Enquirer: 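Structure: Ubiquitin carboxyl-terminal hydrolase 2 in complex with 6-thioguanine (bound form).
Chain letters: A, B, ..., in sequence-line order. Per the PDB entry, chain A residues shown: 264-376, 386-599, in order. So for chain B, numbering is the PDB entry's, and the shown residues are 1-76, in order. Read the numbers this way: they start at 1 and go in the same order the structure lists the ligands and their atoms.
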Amino acid sequence: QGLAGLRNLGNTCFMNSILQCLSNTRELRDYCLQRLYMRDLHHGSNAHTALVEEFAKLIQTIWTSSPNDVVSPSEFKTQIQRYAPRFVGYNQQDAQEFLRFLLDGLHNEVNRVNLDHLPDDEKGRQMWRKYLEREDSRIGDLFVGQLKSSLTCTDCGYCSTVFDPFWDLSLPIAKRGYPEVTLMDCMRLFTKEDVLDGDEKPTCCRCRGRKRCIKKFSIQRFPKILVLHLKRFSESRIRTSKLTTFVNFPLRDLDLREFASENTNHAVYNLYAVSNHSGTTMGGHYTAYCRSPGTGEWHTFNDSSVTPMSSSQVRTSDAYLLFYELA
Amino acid sequence: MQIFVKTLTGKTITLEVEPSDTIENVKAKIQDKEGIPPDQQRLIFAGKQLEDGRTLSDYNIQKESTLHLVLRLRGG
Ligand SMILES: */[SH]=c1/[nH]c(N)nc2[nH]cnc12
Ligand SMILES: [Cl-]
Ligand SMILES: [Cl-]
Ligand SMILES: [Cl-]
Ligand SMILES: [Cl-]
Ligand SMILES: [Cl-]
Ligand code: NA
Ligand code: NA
Ligand code: NA
Ligand code: NA
Ligand code: NA
Ligand SMILES: [Zn+2]
């Protein structure tokens, strides 16, 4: 069933929001339920095995509870704060920041471990194999993609290309919007042609001086699970504040083909989870909306309460992290 | 060497750095351009948040890599 709430341990709803998103990440959940992590676990003492163990036990407990049971993640929390001491307290925290440290911990514990002559695509493939020989896990299987960044000197026309892995994308929010800001508007702002001039002129290795350049991202490899993090932060050099702009994101048929380096039939996503923040930058409350992998129905997970919801209630301006799965 | 930071609203900035530069040094460099206190900055690369006390080399960060600048929505 998977409709168990998580006990608030003291400002830990950021952690619970993320835990529920991951609980409803079908392939990650199955990994834990089917106990497939056991043979992936590393041996050797104080290689943080308890983190994977306590995370998997929590996912197991959630998916074997009666609906409206409340589960305690206290053992898990002990393990995550040992892995990442910033989470030692009972202070309010950022859910994205928590996601990154959590997935890093899990990944590390089940880890199974110049090119100017090459065309772009071959260079990327080689950089990708080079990466996968350092970072190769079931967690990576799900979350990791590859960006291509192309930097062109406007003077000599030389284009330097590099390839950066990613486990999520942090998207700037469009200030525009005809009727509404959309997720596609945000992906466009991420992948757009960035002008690097004035103070931002890069040095051109061919021109041997600072030149106006254009820099552009595309997606070279799409991940199975695409996590999109909306940059809800103002540019204030005094008091930073939250951007509460409504971003309209789809539930279904997010086709990211246009952002690909190479045309692909396999960059279409469906939404399955959302981590919501209500508050300011300094404080607030987290909730999660998640689609059960089994039934396809949505629930709100809020301060240990688990309640059904319609798909029409899923899109809100409080959306902060969006979890999409390759359809 | 030069690396890039994708900042908060759509723009990218260019930093001059050495492999031995500490994450704190990078944050200072970003402060000089963006006016964001280092203690508020989080820098993501290849799914890792870069930690103070470590260096660019520690993370295999090469020329023309891009760092993703994000701040925080604290919640409980
Ligand atoms: S406090 C809490 N508990 C659960 N299960 N889910 C959440 N989502 C956001 N906050 C929470
Ligand atoms: Cl052991
Ligand atoms: Cl605010
Ligand atoms: Cl910007
Ligand atoms: Cl330094
Ligand atoms: Cl940080
Ligand atoms: Na030991
Ligand atoms: Na480049
Ligand atoms: Na700011
Ligand atoms: Na990495
Ligand atoms: Na680049
Ligand atoms: Zn040039």
Enquirer: Point out each ligand or chain corresponding to 6-thioguanine (bound form).
Expert: ligand 1
Enquirer: Other chains with a heavy atom closer than 4.0 Å to 6-thioguanine (bound form, ligand 1): which ones?
Expert: A
Enquirer: What atoms of 6-thioguanine (bound form, ligand 1) come closer than 4.0 angstrom to any heavy atom of A/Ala560?
Expert: 8 (N), 9 (C)
Enquirer: Provide the number and element of each atom of 6-thioguanine (bound form, ligand 1) under 4.0 Å from a heavy atom of A/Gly268.
Expert: 5 (N)
Enquirer: So, for 6-thioguanine (bound form, ligand 1), where in chain A are most contacts, UniProt-domain-wise?
Expert: USP
Enquirer: Need the 6-thioguanine (bound form, ligand 1) atom indices (1-based, order shown) with element for anything under 4.0 Å from a heavy-atom of A/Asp575.
Expert: 1 (S), 2 (C), 3 (N), 11 (C)
Enquirer: Which heavy atom of the protein is the closest neighbour of atom 1 (S) of 6-thioguanine (bound form, ligand 1), given with residue, atom name and distance?
Expert: A/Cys276 SG, 2.0 Å
Enquirer: To which residue and atom, if any, is there a covalent bond from 6-thioguanine (bound form, ligand 1)?
Expert: A/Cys276 SG
Enquirer: Among all protein heavy atoms, pick the one closest to atom 4 (C) of 6-thioguanine (bound form, ligand 1) and tell me residue, atom and distance.
Expert: A/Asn279 CB, 3.7 Å
Enquirer: Using a 4.0 Å cutoff against the non-hydrogen atoms of A/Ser280, which atoms of 6-thioguanine (bound form, ligand 1) qualify?
Expert: 7 (C), 8 (N), 9 (C)
Enquirer: Can you tell me the protein heavy atom closest to atom 7 (C) of 6-thioguanine (bound form, ligand 1) and the distance?
Expert: A/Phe573 O, 3.2 Å
Enquirer: Which atoms from 6-thioguanine (bound form, ligand 1) have a heavy atom of A/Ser576 less than 4.0 Å away?
Expert: 2 (C), 3 (N)
Enquirer: Please state which protein non-hydrogen atom is closest to atom 10 (N) of 6-thioguanine (bound form, ligand 1) and give its distance, to 0.1 Å?
Expert: A/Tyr558 O, 2.8 Å
Enquirer: How far is atom 5 (N) of 6-thioguanine (bound form, ligand 1) from the closest protein heavy atom, and which atom is that?
Expert: A/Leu269 N, 3.0 Å
Enquirer: Which residues overlap between UniProt's Zn(2+)-binding set for chain A and those with a heavy atom under 4.0 Å from 6-thioguanine (bound form, ligand 1)?
Expert: none
Enquirer: In chain A, which UniProt active-site residue has a heavy atom closest to any heavy atom of 6-thioguanine (bound form, ligand 1), and what is that minimum distance to 1 Å?
Expert: A/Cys276, 2 Å
Enquirer: List 6-thioguanine (bound form, ligand 1) atoms under 4.0 Å from A/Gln283, heavy atoms only on the residue side.
Expert: 5 (N), 6 (N)
Enquirer: If you draw a 4.0 Å sphere around every atom of 6-thioguanine (bound form, ligand 1), which residues of other chains have a heavy atom inside it?
Expert: A/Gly268, A/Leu269, A/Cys276, A/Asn279, A/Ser280, A/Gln283, A/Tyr558, A/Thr559, A/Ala560, A/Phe573, A/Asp575, A/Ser576
